[PDB]
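The next PDB entry has fluorouracil among its components.
Counting from 1, the numbers follow the sequence of the chain as shown. Note that these values count all heavy atoms, side chains included, but never hydrogens, waters or copies made by symmetry. In listed order, ligands and their atoms are each counted from 1.
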Amino acid sequence: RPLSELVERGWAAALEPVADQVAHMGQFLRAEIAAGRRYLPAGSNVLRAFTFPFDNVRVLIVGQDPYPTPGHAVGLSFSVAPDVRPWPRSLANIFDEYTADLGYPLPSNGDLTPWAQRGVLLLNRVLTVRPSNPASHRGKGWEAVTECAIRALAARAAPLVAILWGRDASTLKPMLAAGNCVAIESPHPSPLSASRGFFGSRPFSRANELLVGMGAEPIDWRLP
Ligand SMILES: O=c1[nH]cc(F)c(=O)[nH]1
Ligand SMILES: [Cl-]
């Protein structure tokens with residue numbers, strides 16, 4: 001399938017260099033199914049982040065891999081469906097840092113769609129995972145697709161802030177070495193890493209000051 005049938009047109013243009021890789025991933029996933037091994041998130045949500053316009057991304061959030069628990073991952077990193085409770089612990093932790101940093105009330109739910117609609121790309125280094133098996137699709141081919149996405153964001157040389165959460169940070173910073181691109185890192189917000197540097201990192205207000213510094217408009221982070 002042409003990418004323009006799976007992603008927004010600007011993204012289809014940016015990722016055409018890895019279009020065969022994206023097809024190989026779809027082959028890989030269908031092969032996993034044929035072998036009885038499922039993947040998350042849903043096939044139609046795998047490239048969901050690439051359904052919001054390439055040309056409008058001003059903040060790039062990059063995590064590691066999707067939620068491994070069925071019913072959580074939705075193709076926007078860290079987000080959940082609006083009816084989901086309890087929130088996953090990574091999301092709960094992001095929302096405590098959100099209230100500490102911004103002084104906003106806790107969000108009504110865990111649906112981060114409003115961030116995606118406002119120019120925040122919620123990306124993961126690896127876009128699929130096997131249920132109950134964290135990080136189980138590492139090394140399987142998504143890295144070349146997400147490296148293409150990131151470099152192509154940086155090559156626009158429009159103002160861009162990347163928020164890098166967790167262990168891929170030192171790999172991803174060289175990909176963001178370009179004019180009008182700034183990368184800020186912390187430990188990941190998951191249970192056992194968040195209290196080791198995620199909390200206290202103030203990535204929301206920092207991103208907005210870096211944007212304004214470049215002459216860009218800040219993000220309205222406020223969730224309902
Ligand atoms: O690194 C991640 N952890 C948890 C997530 F939900 C996600 O999308 N990415
Ligand atoms: Cl989690």
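- For fluorouracil, every matching ligand or chain, copies included, can be listed as ligand 1.
- Against fluorouracil, the chain with more heavy-atom contacts than any other is given by the PDB entry as Uracil-DNA glycosylase.
- The shortest N/O to N/O separation between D65 and fluorouracil falls below 3.5 Å.
- Polar contact with fluorouracil: absent for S90 (N/O pair, distance under 3.5 Å).
- Residue, atom and distance of the protein heavy atom nearest to atom 1 (O) of fluorouracil are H188 NE2, 2.6 Å.
- Of the polar atoms of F78, at least one N or O is found under 3.5 Å from an N or O of fluorouracil, judged by distance alone.
- Of all atoms in fluorouracil, listed by their number and element, those nearer than 4.0 Å to a heavy atom of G63 are 1 (O).
- Looking at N124 next to fluorouracil, an N or O pair under 3.5 Å apart turns up.
- Taking every heavy atom of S77 and a limit of under 4.0 angstrom, the matching atoms of fluorouracil come to 8 (O).
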